[PDB]
Amino acid sequence: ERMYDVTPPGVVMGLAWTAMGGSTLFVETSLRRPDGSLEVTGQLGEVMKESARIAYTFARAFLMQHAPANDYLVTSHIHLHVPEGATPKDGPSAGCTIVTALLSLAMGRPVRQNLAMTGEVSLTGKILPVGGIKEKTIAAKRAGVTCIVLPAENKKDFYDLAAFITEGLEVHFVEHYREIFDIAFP
Ligand SMILES: *[B]([O])([O])[C]([C][C]([C])[C])[N]C(=O)[C]([C]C1=[C][C]=[C][C]=[C]1)[N]C(=O)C1=[C]N=[C][C]=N1
């Protein structure tokens, strides 16, 4: 019950919400070898555009430590898109999602399947709490997500849900992006 059954490299499942409830969505990225650049589409608001800029800066620094020979994030012209195209989107909570998509694309490695994540990323890779955890978790469960990555400071929201919703979910409460990296790329 979602746009991708199997995600290719550069595609990651995120989580959103409104007053009506949660939903899943996908961050898509692609690149062409020609300093690189990042072009963003998907009717993104300013806060979400800034989060893409932070994620891009941090992903470049993270990849330089983890794979110094990989120059894809420093030299390529990268495009990031969040379908559906006509739907307005905003907020900082896809920061981790965007970092992961860029690293996935640069490494040519898909992320673990049936994984979704939500979490704001700071410039140094700290993972900050987000809103809508109850709604997002319900939406993840309905979409068949079995592994969900959440900010550690949102534990209380997760445990406000009835047990039958969260039972057997592999839940990871994280404080730093490097924990997310190890989950997405085992
Ligand atoms: B996250 O909660 O910040 C998320 C980021 C990304 C996945 C879109 N954004 C949202 O959930 C927003 C609500 C919002 C949160 C925080 C600040 C401002 C706005 N939701 C949406 O953008 C949305 C929801 N459903 C469908 C389409 N778009």
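All chain A residue numbers match the PDB entry; in order, they span 754-787, 797-948. Start at 1 and go down the list; that is how both ligands and their atoms are numbered. The basis for the numbers below is simple: all heavy atoms, side chains too, and nothing from hydrogens, waters or symmetry mates.
- Here the macromolecule bound to ligand 1 with the most contacts is known in UniProt as Lon protease homolog, mitochondrial.
- In this structure, the drug modeled at ligand 1 is bortezomib (bound form).
- Between atom 27 (C) of bortezomib (bound form) and the options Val892, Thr859, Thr849, the minimum heavy-atom separation is to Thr849.
- In the structure, the covalent bond to bortezomib (bound form) is made by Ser855 OG.
- For bortezomib (bound form), the closest UniProt active-site residue in chain A and the least heavy-atom distance to 1 Å are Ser855, 1 Å.
- Note: chain A touches bortezomib (bound form) mostly through UniProt domain Lon proteolytic.
- The atoms of bortezomib (bound form) that sit less than 4.0 Å from any heavy atom of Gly853 are 3 (O), 16 (C), 17 (C), 18 (C).
- When the heavy atoms of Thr771, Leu806, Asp852 are ranked by distance to atom 9 (N) of bortezomib (bound form), first place goes to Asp852.
- Which of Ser855, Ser813, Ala769, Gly774 comes nearest to atom 3 (O) of bortezomib (bound form) through a heavy atom is settled by distance: it is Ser855.
- Counting heavy atoms within 4.0 Å, the binding site of bortezomib (bound form) comprises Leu768, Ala769, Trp770, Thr771, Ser776, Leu778, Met810, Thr849, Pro850, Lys851, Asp852, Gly853, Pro854, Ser855, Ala856, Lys898.
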